[PDB]
Amino acid sequence: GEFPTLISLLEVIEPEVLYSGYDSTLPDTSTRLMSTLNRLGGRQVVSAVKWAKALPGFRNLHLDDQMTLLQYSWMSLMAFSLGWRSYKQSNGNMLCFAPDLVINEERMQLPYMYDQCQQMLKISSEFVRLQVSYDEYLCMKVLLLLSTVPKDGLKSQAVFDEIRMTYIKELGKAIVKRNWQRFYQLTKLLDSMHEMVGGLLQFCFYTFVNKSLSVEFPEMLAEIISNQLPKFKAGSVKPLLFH
Amino acid sequence: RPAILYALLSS
Ligand SMILES: C[C@@H]1C[C@H]2[C@@H]3CCC4=CC(=O)C=C[C@]4(C)[C@@]3(F)[C@@H](O)C[C@]2(C)[C@@]1(O)C(=O)CO
């Protein structure tokens, strides 16, 4: 027979790019822009729950574990994909949040935008610097989902460890499909994602609690952010680093 | 527990 490759499977469960429906006819405010991004983000996260579910192995975790991983890593998954789309669609020059919603120079210049957009372009330019391939990206994306765990560790740490084993192998296969040196670089990029995202989480928590700014969040994200917020205060959240 | 997320996982 010949089981289809795990790469080929990842390729087909990769979600299709969502659409913002952003109306560039009305005037650009920064509360408006951020509230849009959050709404779009809400949708991307739903799209990412579907993806995780179709993910060979993911389902064998305890439901607590699936929660924990999706809660702890959503912002990384989203920023990673964003970085990818910006890499493809504009070669890392502009944030391509959707095809109907790109960030240009007006709207990076809007209040609050420049800082946060700088950080997300950093992610983008890594893909540029390392000429990352689609297959490399897909495996790295799975490893991102599996990169943050409670300091307590997970319930079914058993299954957890074997899942990482698989996708680390998969990452290696992908490196090949496109040479010892490469795997180092990539696991270093995975490592450096924790820092690159920490800033985004910080600003996110700010716009979430700052009542004056009237940045709206979909109930999807709000529920996650509200749950995550005491856990980051306690600092009870462990990055898995390769180095 | 994030009710919508939990929900999406249990369907
Ligand atoms: C700087 C932060 C990080 C941002 C997120 C970065 C990752 C991401 C990628 C997308 O393609 C869609 C939305 C999200 C998931 C995001 F873009 C929005 O949600 C807005 C966001 C949280 C942020 O802009 C805010 O906190 C604004 O309130």
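Read the sequence lines top to bottom; their chains are A, B, and onward. Heads up, chain A uses the PDB entry numbers, so what you see runs 527-704, 711-775. Following the PDB entry, chain B shows residues 17-27, kept in their order. In listed order, ligands and their atoms are each counted from 1. Note that these values count all heavy atoms, side chains included, but never hydrogens, waters or copies made by symmetry.
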At ligand 1, which drug or drug candidate appears? dexamethasone
Just wondering - which macromolecule does dexamethasone (ligand 1) hug the most here, in the naming of the PDB entry? Ancestral Glucocorticoid Receptor2
At a cut-off of 4.0 Å, which other chains have heavy atoms near dexamethasone (ligand 1)? A
Which chain residues come within 4.0 Å of dexamethasone (ligand 1), judged by heavy atoms? A/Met560, A/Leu563, A/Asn564, A/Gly567, A/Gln570, A/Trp600, A/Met601, A/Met604, A/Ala605, A/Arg611, A/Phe623, A/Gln642, A/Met646, A/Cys736, A/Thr739, A/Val747, A/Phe749
At what distance is the nearest protein heavy atom to atom 26 (O) of dexamethasone (ligand 1), and which residue and atom is it? A/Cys736 CA, 3.2 Å
Identify, by atom number and element, the atoms of dexamethasone (ligand 1) in contact range of A/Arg611, meaning under 4.0 Å from any of its heavy atoms. 10 (C), 11 (O)
Identity and distance of the protein heavy atom lying nearest atom 6 (C) of dexamethasone (ligand 1): A/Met601 SD, 3.9 Å
Distance to 0.1 Å, residue and atom name: give those for the protein heavy atom nearest to atom 19 (O) of dexamethasone (ligand 1). A/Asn564 OD1, 2.8 Å
Protein contact of atom 7 (C) of dexamethasone (ligand 1) - nearest heavy atom, named by residue and atom, plus distance: A/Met604 CB, 3.7 Å
For dexamethasone (ligand 1), which atoms sit closer than 4.0 Å to a heavy atom of A/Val747? 28 (O)
Looking only at protein heavy atoms, which one is nearest to atom 1 (C) of dexamethasone (ligand 1), and what is the separation? A/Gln642 OE1, 3.2 Å
How far is atom 4 (C) of dexamethasone (ligand 1) from the closest protein heavy atom, and which atom is that? A/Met646 CE, 4.2 Å
For atom 16 (C) of dexamethasone (ligand 1), what's the nearest protein heavy atom and its distance? A/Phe623 CE2, 4.5 Å
Note the single closest protein heavy atom to atom 12 (C) of dexamethasone (ligand 1), along with its residue, its atom name and the distance in Å. A/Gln570 OE1, 3.0 Å
For dexamethasone (ligand 1), which atoms have a heavy atom of A/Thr739 less than 4.0 angstrom away? 26 (O), 27 (C), 28 (O)
